[PDB]
Amino acid sequence: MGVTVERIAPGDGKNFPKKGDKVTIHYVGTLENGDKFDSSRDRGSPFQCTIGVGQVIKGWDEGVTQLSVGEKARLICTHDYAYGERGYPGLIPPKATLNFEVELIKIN
Ligand SMILES: C=CC[C@@H]1/C=C(\C)C[C@H](C)C[C@H](OC)[C@H]2O[C@@](O)(C(=O)C(=O)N3CCCC[C@H]3C(=O)O[C@H](/C(C)=C/[C@@H]3CC[C@@H](O)[C@H](OC)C3)[C@H](C)[C@@H](O)CC1=O)[C@H](C)C[C@@H]2OC
């Protein structure tokens with residue numbers, strides 16, 4: 001049903017990213033078969049972006065807002081909350097479900 005949050009280790013229960021917030025977030029991205037396509041942890045570098053304003057995939061906009069600082073989780077994004085029917089040429093096959101193991105490090 002779109003984006004689903006599989007909770008692994010809990011956040012602080014208080015600080016949740018809101019629309020327009022900057023988040024600092026480690027992620028490991030895998031395709032529906034288990035193969036990694038991207039990883040901020042292999043670059044030793046958490047990613048930073050603005051949540052809820054249309055700049056990341058829908059699964060992150062509707063999914064990262066459900067986490068609190070410190071939390072580990074998996075966002076399971078079906079293709080309509082990711083790269084859709086065409087996919088991402090070279091990287092993401094069409095209609096793919098994507099699986100992001102994420103850790104929310106900080107909100108601003
Ligand atoms: C000049 C632009 C390059 C610029 C690249 C960076 C800043 C480096 C940054 C680590 C991205 C990665 O570079 C290693 C690499 O990350 C992926 O592997 C990936 O894990 C992914 O899915 N992520 C990254 C983590 C957040 C969720 C999602 C994303 O939303 O990413 C965003 C994304 C592509 C959203 C599109 C935007 C267009 C909409 O139409 C579409 O809507 C469906 C969704 C990224 C951050 C963009 O906002 C900014 C950029 O693209 C992509 C598979 C391909 C992407 O490289 C291109």
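Just so you know, residue 1 is the first one in the sequence shown, and it goes up from there. Both ligands and their constituent atoms are indexed starting at 1 by order of listing. Any value given below was found using the heavy atoms of this structure, including those in side chains, with hydrogens, waters and symmetry copies removed.
In this structure, the drug modeled at ligand 1 is tacrolimus.
The main binding partner of tacrolimus (ligand 1) here is, in the terms of the PDB entry, Peptidylprolyl isomerase.
The residues lying within 4.0 Å of tacrolimus (ligand 1), counted on heavy atoms, are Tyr27, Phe37, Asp38, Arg43, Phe47, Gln55, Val56, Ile57, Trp60, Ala82, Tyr83, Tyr88, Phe100.
For tacrolimus (ligand 1), one of its N or O atoms has an N or O atom of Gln55 under 3.5 Å away. Of all the atoms in tacrolimus (ligand 1), the ones that sit under 4.0 Å from a non-hydrogen atom of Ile57 are 30 (O). Any N or O atom pair closer than 3.5 Å counts here, and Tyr83 shares at least one such pair with tacrolimus (ligand 1). Looking at tacrolimus (ligand 1), you'll find an N or O of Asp38 within less than 3.5 Å of one of its N or O atoms.
According to the PDB entry, the source organism of chain A is Mucor circinelloides. Close approach of tacrolimus (ligand 1) to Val56 is summarised as follows: ligand atoms under 4.0 Å from at least one heavy atom of the residue are 30 (O).
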